[PDB]
Peer 1: 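I have a structure here, written as structure tokens, and I will follow up with some questions on it.
Chain letters run A, B, ... following the sequence lines, proteins first and then strands; every chain starts at 1. Computed over heavy atoms, backbone and side chain alike; hydrogens, waters and symmetry mates excluded. The way this entry was determined, per its header, is X-ray crystallography, 2.6 Å. Both counts, for ligands and for their atoms, begin at 1 and track the order of listing.
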2 protein chains.
Amino acid sequence: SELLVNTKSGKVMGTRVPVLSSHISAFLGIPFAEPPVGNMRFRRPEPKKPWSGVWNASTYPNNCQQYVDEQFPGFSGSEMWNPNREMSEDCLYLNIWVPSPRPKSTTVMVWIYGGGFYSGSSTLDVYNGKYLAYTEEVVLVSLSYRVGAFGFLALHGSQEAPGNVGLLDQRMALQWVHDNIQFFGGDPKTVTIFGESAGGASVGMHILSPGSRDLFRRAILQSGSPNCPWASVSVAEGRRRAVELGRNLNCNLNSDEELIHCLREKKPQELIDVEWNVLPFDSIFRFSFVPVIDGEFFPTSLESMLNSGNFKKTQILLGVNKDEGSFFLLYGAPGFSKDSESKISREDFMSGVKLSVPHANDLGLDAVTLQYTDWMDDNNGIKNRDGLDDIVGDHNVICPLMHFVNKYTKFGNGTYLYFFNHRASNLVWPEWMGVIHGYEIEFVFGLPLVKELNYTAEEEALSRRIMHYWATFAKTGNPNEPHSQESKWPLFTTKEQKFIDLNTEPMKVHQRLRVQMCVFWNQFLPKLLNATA
Amino acid sequence: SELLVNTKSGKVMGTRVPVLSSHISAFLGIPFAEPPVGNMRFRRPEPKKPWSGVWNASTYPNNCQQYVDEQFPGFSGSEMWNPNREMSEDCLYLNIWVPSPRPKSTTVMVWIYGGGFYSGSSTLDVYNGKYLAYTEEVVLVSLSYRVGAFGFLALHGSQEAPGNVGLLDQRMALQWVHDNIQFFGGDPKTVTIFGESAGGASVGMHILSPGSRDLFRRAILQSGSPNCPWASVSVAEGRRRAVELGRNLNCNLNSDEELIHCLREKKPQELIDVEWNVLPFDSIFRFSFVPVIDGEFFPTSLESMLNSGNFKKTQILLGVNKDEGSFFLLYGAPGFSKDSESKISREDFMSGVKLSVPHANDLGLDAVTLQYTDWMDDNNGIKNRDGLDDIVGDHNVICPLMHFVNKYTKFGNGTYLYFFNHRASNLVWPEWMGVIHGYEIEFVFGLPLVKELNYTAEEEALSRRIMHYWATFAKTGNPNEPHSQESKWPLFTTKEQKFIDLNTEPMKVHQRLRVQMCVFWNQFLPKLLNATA
Ligand SMILES: CCc1c2c(nc3ccc(OC(=O)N4CCC(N5CCCCC5)CC4)cc13)-c1cc3c(c(=O)n1C2)COC(=O)[C@]3(O)CC
Ligand SMILES: CCc1c2c(nc3ccc(OC(=O)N4CCC(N5CCCCC5)CC4)cc13)-c1cc3c(c(=O)n1C2)COC(=O)[C@]3(O)CC
Ligand SMILES: *[C@@H]1O[C@H](CO)[C@@H](O)[C@H](O[C@H]2O[C@@H](C)[C@@H](O)[C@@H](O)[C@@H]2O)[C@H]1NC(C)=O
Ligand SMILES: *[C@@H]1O[C@H](CO)[C@@H](O)[C@H](O[C@H]2O[C@@H](C)[C@@H](O)[C@@H](O)[C@@H]2O)[C@H]1NC(C)=O
Ligand SMILES: *[C@H]1O[C@H](CO)[C@@H](O)[C@H](O[C@H]2O[C@@H](C)[C@@H](O)[C@@H](O)[C@@H]2O)[C@H]1NC(C)=O
Ligand SMILES: *[C@H]1O[C@H](CO)[C@@H](O)[C@H](O[C@H]2O[C@@H](C)[C@@H](O)[C@@H](O)[C@@H]2O)[C@H]1NC(C)=O
Ligand SMILES: *[C@@H]1O[C@H](CO)[C@@H](O)[C@H](O)[C@H]1NC(C)=O
Ligand SMILES: *[C@@H]1O[C@H](CO)[C@@H](O)[C@H](O)[C@H]1NC(C)=O
């Protein structure tokens, strides 16, 4: 009964599931913490009290309370990210995918979903771990964590709403995986945590946080970095938004205790409905309740931690996608559409620049504009559009990640940089959107392997290659074949700063990813805004 | 006796001179002002007292007291700009070149030599007007004006050293040409003033100055603009330098009167020897004593005058050369040589950036650096060198001229923009220096016509074309042939902003000359320096 597993918390009943004309085990819904309900809302997670009998882990668990995207109802493109289960605070569970026969001490891979820290679900179709676990014979785990106010409300000082609880949720799952994954054939001394966007930033935060370092071996970061403009706030801003939320809900503000009590009575949807109202600016790619630089989970400022090398030192595989910004412009910028090539005008361009760099003063905006405007042809609808895409991309994902890369590689043990630039043949979004943020995931989890998903043959190869790189890396700390003859994915070094692209064509090696624009975002603009303010 | 001319100041005896196996008249040394000597030093020029008898104008006059370049002794490249006559304060004379037979009421062209306002001579070989006057049958005139302290010392308030006297010198020559050029077959109602570098800036200043507008019809500007960073200073800076000069010469400073008396006793070389010591910065392309925004010669600030359209409205022909900055880097930047391809290092590059933009604060310097550095290959010796060339070029000549162009064309009557990018076949300077500042002059005056100067056949064509454009323009206000079939030199308009290049190849039309870099120099950087200071 490989489906009947006994863990240090209780027994769990699995379920056999088909995968590419075969089967593997699957334990969905394993609880790793007491339900963050009632007075637990906002508090740090508490480990799951051991249970009696057999816990049925055959179906997927609930999804955490979140904002649901309904801008394009009845459109797979955006609906594929929405909660596909019943939302509920009681949502701290994790899913495992064990190969069959159940191996022992095999590479473990824990996935942490993205979603800007305000949304996400471990139960999406696109995150079905059966293919990867099957094809690469690994123990694929998918955790979950609180999001929105629920997971990141921060009244620094209080013990009721300390902030970063959502990250602590991830830590406790990693801890569980630590103590129980061996009972599933997993090797706790060989765990790779990986995630995309907010999930990626999460991985990076676990690398930095002293209280998480010992819970994993190596890590992967997809289109996300711990130092991203949107991935965290100061204790002060965190407290400002928390109060604002309260004001937004007619609450006693006089003290933390009174405010916590008020927010703890409100139904989940009440909080969610006014969640966006706390942001300081009109903007895109900015999220209300995110990790807060607390001095605890994060010893000191992120930048200082990176300089001093105060962070876990291991191997990391990370990269980005060609058009990271397109997805956000569609949702927030003026002029963008899903039903047209969205040629942007000069006036809308100026508008998008503001929404994209909300914290910028007027001179800053000029800087950004000058940097991304071709004055030899500035009324070119196409150009302006691609210009915004790059701005949103470079500022929020690519350059922040590159800064992280360079900074990490000085103390790291092995850095692998990729540039995903393949436009899926069956993508439901229009063409101007290019290689959209988050669309490398379907290849990482190997959906191009499902013949019914009408992908191309060449795309099945890519997905198999990508999973192999991801699997091999988590297993060895290197994605390259021990000694194949296939082109090697070079090691990113401080001097050569090499990286490769990921697509159907033959591998190619490049250097200094968007180095020019990144000098602008990482060195210059920060200085300009500091001096002129 | 076409050589014997009677003017409203006295008679003058000319001299016949050979030109391309033929002859024309030439009156060298016509005095148009009382010698600015003794107590006249620094004062506004006074018209030349009518003389008795026949003034012999067969030889060239003296050159004004100036700093002599002796960085490359015995090298035609730099020596061709040095005074080729005996320097002396008594230097206010002008030269005329009248075709033979002496025509009547023909197009007149007055040349104003450049030299950063600290040097220059109307008697250089490269400025011999016999070819142009001969080939294009025009009355070519070459004036002179005081330079250095002598021509621009400015103690605003005083009447002894009011500043801008040097420009007034040019005005009085233009006035003379006005009242006497008809006696030489010239048409005072058809005078075109043209000059290069400081001379060009001069032309532009005459266009702006209310007291000069009526002295000419149309104008030409070569690699020089009235609004250039180096072409003028505020009344305050003007007074600061004047004092500094005095301090530099152990003078009573207590009052203008005492300081003027002191500077009026010192021999010309004394002043000249400490002339560079007054600049506020360590730098290249910056000159000690230049035009001062006085509220008189210049009603108000240059920028305001250009916005309000407060300036002479006529036709103008102007342009620049491909490598304006090279000449100055050779003389002031670290790393540059005449005996090598001057591949510049990253450290010397940073140094040159400072010398090139002396008025910039640290953030400004960063801006400039980021704008001209290719971070995909920043140790490329070549690139850095060309980068400096462009910086020095764009900041000091090209973008300032472009700003002038755009601003003028809103009220102008006809604007023609050229981009001289032909590298003379016999240039004595090394190749890296490209198309050096001031080397379009030899073609304007048509030296490629002299077979003994070993130019190419193709270069004789260019020189003849160029002179024709220059001549035809001064004659009609349009350089194009009334109705030839040759490619037309389009009119620069605010919308299309067209211009053409000048070289041996077939004409080509372009648009928005260095528009990208100019947005940086004309809009952004000025704003950045304003905000952050
Ligand atoms: C309509 C909901 C919605 C609102 C706001 N911002 C959004 C940003 C992004 C998305 O969608 C994605 O990001 N995407 C959805 C998520 C998707 N992921 C999914 C998982 C993997 C990566 C891709 C990418 C596209 C939806 C948003 C917002 C902002 C503000 C409001 C306000 O009422 N709203 C409502 C009031 O006042 C303010 O001052 C202001 O802060 C600023 C003006
Ligand atoms: C050696 C003389 C010389 C000096 C300085 N600057 C020069 C600039 C340019 C040339 O030559 C050309 O421009 N060129 C010569 C002129 C030529 N024209 C000719 C006509 C048509 C255009 C081309 C172009 C090349 C010669 C220079 C200078 C500067 C300063 C001194 C100081 O002692 N000097 C001496 C002290 O203290 C300061 O703080 C400082 O201001 C800044 C550090
Ligand atoms: C748990 O295992 C059960 C077999 O012992 C299986 O029948 C359950 O499937 C579904 O049953 C229905 C009645 C409902 O309870 C639904 O939630 C279950 O998914 C399976 N699921 C449970 C109850 O956890
Ligand atoms: C003025 O015309 C003279 C003929 O009447 C001619 O001889 C002069 O030539 C040069 O003569 C010598 C002696 C010397 O004065 C020199 O300066 C003259 O150039 C000519 N030049 C003058 C005197 O102005
Ligand atoms: C390839 O699989 C697709 C899965 O999304 C499917 O939509 C395509 O359509 C066909 O299969 C099902 C889903 C149904 O729509 C049927 O009517 C279609 O034949 C499928 N490609 C095709 C056209 O065969
Ligand atoms: C073409 O004219 C040049 C003018 O500068 C000259 O230097 C070249 O040299 C010859 O003429 C004179 C000047 C002298 O140097 C003589 O020895 C040379 O033959 C001249 N080109 C040549 C080489 O004929
Ligand atoms: C990682 O560490 C091992 C041994 O500690 C060392 O041999 C290796 O060079 C390191 N990896 C890199 C390339 O940083
Ligand atoms: C110059 O003025 C004339 C008449 O005043 C006018 O016809 C012409 O269009 C003007 N030139 C331009 C193109 O500005």
Peer 1: Can you identify the drug or drug candidate present at ligand 1?
Peer 2: irinotecan
Peer 1: Give the name from UniProt for the chain that makes the most contacts with irinotecan (ligand 1).
Peer 2: Acetylcholinesterase
Peer 1: In this structure, which other chains have a heavy atom at a distance under 4.0 Å from irinotecan (ligand 1)?
Peer 2: A
Peer 1: Which chain residues come within 4.0 Å of irinotecan (ligand 1), judged by heavy atoms?
Peer 2: A:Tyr67, A:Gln71, A:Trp81, A:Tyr118, A:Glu196, A:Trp276, A:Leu279, A:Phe281, A:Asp282, A:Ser283, A:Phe327, A:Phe328, A:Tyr331, A:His437
Peer 1: Identify which residue UniProt marks as active site in chain A lies closest to irinotecan (ligand 1), and report the least heavy-atom distance rounded to 1 Å.
Peer 2: A:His437, 4 Å
Peer 1: I'm curious, which organism is chain A from according to the PDB?
Peer 2: Torpedo californica
